[PDB]
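Remarks on the structure that follows.
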Amino acid sequence: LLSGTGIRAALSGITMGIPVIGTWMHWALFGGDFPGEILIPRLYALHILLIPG
Amino acid sequence: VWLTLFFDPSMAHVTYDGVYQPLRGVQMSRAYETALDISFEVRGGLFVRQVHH
Amino acid sequence: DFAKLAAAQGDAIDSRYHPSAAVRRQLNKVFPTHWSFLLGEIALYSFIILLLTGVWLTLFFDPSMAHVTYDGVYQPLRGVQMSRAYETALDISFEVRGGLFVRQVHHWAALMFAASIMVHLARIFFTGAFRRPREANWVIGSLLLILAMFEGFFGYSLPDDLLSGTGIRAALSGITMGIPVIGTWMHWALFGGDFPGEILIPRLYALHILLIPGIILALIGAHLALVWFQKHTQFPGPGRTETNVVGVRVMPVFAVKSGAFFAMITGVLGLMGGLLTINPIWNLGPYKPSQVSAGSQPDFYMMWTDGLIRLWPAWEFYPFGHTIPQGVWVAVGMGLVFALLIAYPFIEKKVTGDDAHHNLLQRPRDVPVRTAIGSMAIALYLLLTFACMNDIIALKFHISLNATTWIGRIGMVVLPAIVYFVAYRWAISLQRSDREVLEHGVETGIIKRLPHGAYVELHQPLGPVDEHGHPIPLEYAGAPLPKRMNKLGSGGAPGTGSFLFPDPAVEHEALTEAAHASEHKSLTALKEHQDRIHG
Amino acid sequence: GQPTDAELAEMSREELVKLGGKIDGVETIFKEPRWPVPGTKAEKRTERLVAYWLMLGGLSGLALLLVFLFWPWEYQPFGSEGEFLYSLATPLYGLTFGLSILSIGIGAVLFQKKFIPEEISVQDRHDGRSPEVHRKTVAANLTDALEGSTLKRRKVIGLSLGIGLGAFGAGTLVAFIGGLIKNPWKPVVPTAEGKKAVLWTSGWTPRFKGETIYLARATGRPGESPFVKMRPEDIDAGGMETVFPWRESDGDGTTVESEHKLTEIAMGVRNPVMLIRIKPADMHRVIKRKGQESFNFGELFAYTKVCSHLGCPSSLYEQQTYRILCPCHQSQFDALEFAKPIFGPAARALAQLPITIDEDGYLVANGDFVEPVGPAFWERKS
Amino acid sequence: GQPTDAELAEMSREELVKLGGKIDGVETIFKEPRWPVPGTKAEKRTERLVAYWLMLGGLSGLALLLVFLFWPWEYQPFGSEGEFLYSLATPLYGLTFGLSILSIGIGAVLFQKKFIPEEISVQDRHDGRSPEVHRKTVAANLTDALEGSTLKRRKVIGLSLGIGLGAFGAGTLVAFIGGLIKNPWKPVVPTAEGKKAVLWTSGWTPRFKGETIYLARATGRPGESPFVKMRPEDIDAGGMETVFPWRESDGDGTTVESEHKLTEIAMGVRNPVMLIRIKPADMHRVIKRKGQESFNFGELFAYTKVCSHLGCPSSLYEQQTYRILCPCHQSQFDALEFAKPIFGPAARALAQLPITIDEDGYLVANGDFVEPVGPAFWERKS
Ligand SMILES: CC(C)=CCC/C(C)=C/CC/C(C)=C/CC/C(C)=C/CC/C(C)=C/CC/C(C)=C/CC/C(C)=C/CC/C(C)=C/CC/C(C)=C/CC1=C(C)C(=O)c2ccccc2C1=O
Ligand SMILES: CC(C)=CCC/C(C)=C\CC/C(C)=C/CC/C(C)=C/CC/C(C)=C/CC/C(C)=C/CC/C(C)=C/CC/C(C)=C/CC/C(C)=C\CC1=C(C)C(=O)c2ccccc2C1=O
Ligand SMILES: CCCCCCCCCCCCCCCC(=O)O[C@H](COC(=O)CCCCCCC[C@@H](C)CCCCCCCCC)COP(=O)(O)O[C@H]1[C@H](O)[C@H](O)[C@H](O)[C@@H](O)[C@@H]1O
Ligand SMILES: CCCCCCCCCCCCCCCC(=O)O[C@H](COC(=O)CCCCCCC[C@@H](C)CCCCCCCCC)COP(=O)(O)O[C@H]1[C@H](O)[C@H](O)[C@H](O)[C@@H](O)[C@@H]1O
Ligand code: HEM
Ligand code: HEM
Ligand SMILES: CCc1nc2ccc(Cl)cn2c1C(=O)NCc1ccc(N2CCC(c3ccc(OC(F)(F)F)cc3)CC2)cc1
Ligand SMILES: CCc1nc2ccc(Cl)cn2c1C(=O)NCc1ccc(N2CCC(c3ccc(OC(F)(F)F)cc3)CC2)cc1
Ligand code: FES
Ligand code: FES
């Protein structure tokens, strides 16, 4: 709940706010709207493999 | 790495049906269910994720 | 002003840093230009491709066994329960532009990784590249091959699938739970419970995207560091000795050709990923314990294991209230294989007693016993691998499945022996071919002698010629010999104009004279370097 | 034998390159330009050829960009116009990408082989036993670090440090691994005779006394009523059917409570069974096990599909020869005789499920497998 | 001045250490033993102290092993005997592990502060602008590699290589990314006015004309009937309830088809709304929004819970002040006046949902939001 609302605020809201490509970046990151079913696996890949690397 | 052996990243909705009574039959993403399992179901998992954070 | 900008950047780097010495040393390092020495590079290149592809697949794959109905685009699997992992693999194949291409090239790169590791191992072994300096590089290399095989297994085991699911069921479940002391305990630790345990695929994902790739990357770094600082070994040749490296410097030539080779290998991999279909999981229904197909094979790099199980004669043992299932055998056999692979160089130096610091490779023919052993091992591996295909071999090539099984069973003892004998005699025969070339020289057209009807091959000596016709015999020096006048300066001046039209005779004459003089200068430089080295 | 403090100013590029090779022990012998004769049109042909390979790579890269951006990708149902275009979407992606990078690599190789000057550089290999000065200095440094630290004189610290590290490492590895270690023989699965370990039970283990476990056929309907009651006449002579342990409680899959009991039955690794109707003329060729002489309901024999060797399903069935073949490792069991392995890796016979018919004539398990039904493990045959 | 070919044999450990330091430019100044006086019992006691710290670390590691193996871990339900033992299971794990490794580290620090000889070694720093010989040699090597390669002379080859590399890179990057790129404005959500993009719709968008979208309350029952129709009498003056767009088709979660529609309603980001009953005494204070003058059904006002700033729920509701507060960033909207932000980052009013009562007196949305309801984005307010 805490981390979920943090995602909602930061990632969703701010990315959607960016003028030119904000909505496009939001749909690419979530593969759709905020509750997109490919968010957590993508964050897992970014967090255990990509960013630590 | 330890946490990666017990964490399932997904939003696949599932009922907990686990040890922690205050969340039983409540729809949660598989990621939350596995976080709860690490905290409660795997020995030292609460300790490991706690020291990780 | 790109020249000025480059000079300024170099000055800034060399003022903040002081790498001029190190940069020069790594730019001047000499690497032999033998084709076989590029073999290992292939694996590295393919490895890189895997990483580049693997990352792409981690942004779209959801490891899980959460049961879900597809409800996707692929009509033939709709409303069918399946793991979220299989659903996301299907979405990658169909729902992501290029996702099918990316995962196909990923699987093709995994296969090329395995095959190129295997060919590189064949090179190192037959050439004795592991013999004294570099014995560790063989051990760390042998541990890379094992990790690569298991990594590919966990990879195609990753998208929960009928074929890969039955592969997991056989190997990871049955063999693991067959191990006597801790088999069930290991099985439950690995699966967190019974075979279809709800934690398998996420754990394999962790092992396959981060853990095993990380270990492989570290081991590859160590491997390349050792090769770089244990100057790469070389084949015997004119100017090549135990105490030098003859070849090309890194920057101008070796680096450009290595980069071009990486480009060509990734082009081959992309062409395969496009034109060739690998692992069409949509045809492989979602894994169900009650479902299976006839093929039911693993990728080639693991098929030998399966083949072993097929050919092992169903031997079990039943101690007091316990049973050692026949599956155990393959594990033991697997151990032996790796146990005999990682620890080979030490066995070689124990038997031969040859612990000297060898920087010059030796031709496989020059070591008939090791060449025979390697041929025997390759024969056993091929027999096991094709035994793992005995189902398909019997189907397509009409042979009774029992006949194929028994052919493999008898072969895994007979065929290695026949191959050992044949390879030993073949290596010795190659040695004798080289020795007769040295004694007599190359061969050419036949001539009928003037007075009588004698027919003589009209040989061509490679060294000083005795007062009479026959030459002084040359002594073998461990390097290949020319067995065709083809490959010497004979009949090698075609028109330099073009494929269609000539160039002016003056230009052709100048070009051919320049190439002819350049070949003399190269050969002469090698000869003077030889003489200075020895004397 | 001097570092060339001021001579470097007038040294040419070749002289400095030779000096660097000398510093590194790398002697470049026979560095020669590939085109010593200038103005020759063979050089121009070669240059155009290299540029042609590079241009082909570039055109193929542009084609990759265009085809990826603008091509009818996306799965097209079978028989729908435009399916052919999809079938060669990924093939075009790979064709263009691979051709582009392969042509770039070919052009680079040709430039290396035809323009970059040929060299036979030879380097000084100093492999092994660093000069004795370095070896002595390293040994002295390490021995000074050890002895000067006063260790090997403080036996009490020597032993206490080792004990501390040993105890700490034991505890830490224990903490790592104990999360994974699970007892395979923890009684978890309820059974008519009390909770039992998972491997002792399958979907056919009677959860309650006199529990009616129907051999339900697995009709592959999408989600609803996946398992249906079965009746003896459904399977005709020489027919095989995969059946599962369906209960009355495990109703059809409409409800959320259901659709998971049924999913559990489907995912039950040891649940599936194969019911085979032995041809009547062949009933005189049947051989029965000890304690399994009545597991067959007339000419109906229920044998576990899970192969006794490594636990793949033994799905393949051959009538007119009565051979249950497992496709994983090509093991044949004899169905006429108790399902004992007549060929292949398997050495234990398939477990025969007791069967009968209850009221209304539906086939129902007459009990549980008298032995565990998966692949063998250490704690078996006792 | 000379490599000391044979003198190294006679050099002592200290002499060789000095020679190694000289080679590396490391001068060890003031290296002395920490205990010059032998036999003193202060040395013995410091030895004992370091050993005590190490043995304490070892005992702590052994305690970690023992507690991890044998301690009443595992979740215990609140109130159950043995819950206290669990409550300090993880604390004990961490306590023992930390004491172990911390005490080992303390012992090591004390050893190197009490026994390892103290050195003030000083090293020669050769940082910056490597000697001129190395710089010019590197420059010569690189320039020979470049010019000798004959590039910057085959303009065609250089230009073709650049074009090919650029085109291939463009194609490959497009191939990587195009998988990610999804058109946010692809009409996917069906609507009574044709398929519309997601952000233009929510659970309150009428899927067909005259559709009855009930303001159903989210009773937290475990799975079954999580949403139940609602009646105006249920909300009492100064009361707020979260309501969702429950359709008649989206029946209770009893079946499998349902319990997924209901999950969609629950997980709809813009689906949740808050229905607030304005007190009658405060009714005269209500200020309405143009085009939303009749959205309130009597004294019931439906405002989206999703904050107009970054899309957090605005769950907090203050009666007697009528302040809809968002806790993500503490933004206050005036509920009495149309739900416009009167404090905090939010700058746009919460979208008001039209409401009314249908047949049987149940509260149903009187239509969709006249404006998009989530947080603002570029393509908004047109
Ligand atoms: C365990 C074990 C060793 C069992 C023994 C069974 C076995 C391997 C039999 C050999 C298969 C052959 C060669 C059948 C032909 C009939 C026969 C035996 C003739 C006598 C053999 C003999 C010594 C002849 C003298 C001359 C000679 C060497 C002839 C060999 C002829 C052949 C087949 C040469 C090529 C070798 C070859 C590719 C064999 C098949 C190997 C495999 C695993 C192919 C896999 C494969 C298959 C199976 C596809 O279906 C397929 C479909 C579409 C695209 C690709 C493929 C594909 O790659
Ligand atoms: C739909 C879709 C997503 C499609 C994309 C497919 C996908 C997912 C991934 C692949 C896509 C991509 C990005 C493909 C291209 C990959 C790539 C960067 C190719 C570059 C090759 C290229 C274009 C060369 C142009 C010709 C040219 C001027 C070459 C000279 C300049 C270059 C590029 C030099 C590179 C040198 C190189 C390969 C260095 C590798 C670095 C590593 C890891 C090791 C270096 C190294 C090597 C290479 C040794 O051989 C070696 C041998 C013995 C001891 C030590 C070493 C050692 O350290
Ligand atoms: C020198 C080490 C000395 C320690 C020996 C280790 C084994 C002794 C066990 C004896 C006591 C048994 C009764 C108490 C214990 C008990 O009842 O549990 C059993 C399982 O034993 C456990 O607890 C976890 C075992 C601890 C890991 C041991 C790892 C092996 C050691 C030998 C290797 C490291 C030592 C250093 C040597 C290597 C040096 C390297 C060079 C069964 O599990 P289960 O009944 O399902 O409960 C599950 C919970 O345990 C489970 O943690 C939890 O994950 C749940 O999954 C739960 O299901
Ligand atoms: C230099 C590059 C020159 C090319 C410019 C690239 C942009 C031009 C776009 C023109 C195509 C528009 C009409 C046809 C196509 C169309 O309608 O698709 C659109 C989306 O355009 C796509 O195709 C994918 C876009 C390709 C990735 C472009 C990434 C940006 C570039 C500028 C950055 C890399 C280039 C190198 C520069 C950096 C150099 C570094 C030094 C909308 O998606 P949608 O209708 O939902 O379909 C979805 C499917 O696309 C989607 O692949 C699939 O994943 C599903 O999402 C599906 O929903
Ligand atoms: C490199 C810096 C890293 C940082 C700053 C970091 C930070 C965090 C934090 C704060 C959490 C929250 C855990 C919780 O609240 O329970 C977390 C979760 C997690 N981390 Fe990382 N982490 C890092 C590296 C890694 C690495 C390298 C891995 C894998 C090898 C990893 C795997 C995980 C996993 C699987 C979780 C979720 C498991 C769970 O929450 O119980 N992390 N990370
Ligand atoms: C190091 C050597 C590696 C080998 C031999 C290997 C092999 C494989 C193979 C054969 C597959 C089957 C894919 C399919 O059939 O569709 C696979 C799947 C996969 N690999 Fe690896 N891989 C390697 C490294 C990596 C790395 C480094 C990553 C991530 C950075 C990665 C990520 C993945 C993912 C996410 C999948 C599943 C995606 C899917 O199947 O759709 N792999 N791997
Ligand atoms: C919002 C504050 C907040 N409130 C709460 C309430 C509760 C809880 Cl629990 C947590 N919070 C948080 C919170 O944790 N905030 C962390 C945060 C914020 C912003 C981003 N941003 C990455 C870049 C995006 C971006 C920007 C530029 C781009 O253009 C480019 F770079 F050129 F491509 C592309 C993307 C915007 C989002 C990440 C983390
Ligand atoms: C089984 C054959 C097969 N049939 C099919 C049918 C269809 C398909 Cl698609 C695939 N196949 C395959 C298949 O792919 N087989 C690959 C395979 C084999 C064995 C193992 N094993 C490694 C060691 C483990 C082990 C043992 C001892 C240990 O002890 C130690 F080392 F000391 F710790 C540690 C680990 C057991 C599993 C893995 C993969
Ligand atoms: S898996 Fe059945 S015979 Fe091996
Ligand atoms: S998230 Fe609501 S005020 Fe910002």
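In what follows, every chain begins at residue 1, and chains take the letters A, B, ... in the order their sequences are listed. The figures here come from the full heavy-atom set of this structure, side chains too, leaving out hydrogens, waters and symmetry mates. Only part shown; contacts counted inside that part. We read in the header that electron microscopy, 3.0 Å was used to get this structure. First listed ligand is number 1; within each ligand, the first listed atom is number 1.
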Original post:
In this structure, which of cadazolid, daunorubicin, telacebec is modelled at ligand 8?
Top reply: telacebec
Original post:
In this PDB structure, which macromolecule forms the chief contact with telacebec (ligand 8), named as in the PDB entry?
Top reply: Cytochrome bc1 complex cytochrome b subunit
**OP:** Give, by letter, every other chain that has a heavy atom closer than 4.0 Å to telacebec (ligand 8).
**Re:** C, D
**OP:** Give the name the PDB entry assigns to chain D.
**Re:** Cytochrome bc1 complex Rieske iron-sulfur subunit
**OP:** Identify the organism of origin of chain C according to the PDB entry.
**Re:** Mycolicibacterium smegmatis MC2 155
Subject >> Contacts of telacebec (ligand 8) at 4.0 Å, non-hydrogen >> reply: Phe150(C), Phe153(C), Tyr156(C), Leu163(C), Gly167(C), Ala170(C), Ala171(C), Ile175(C), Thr176(C), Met186(C), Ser296(C), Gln297(C), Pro298(C), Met302(C), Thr305(C), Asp306(C), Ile309(C), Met334(C), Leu310(D), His329(D)
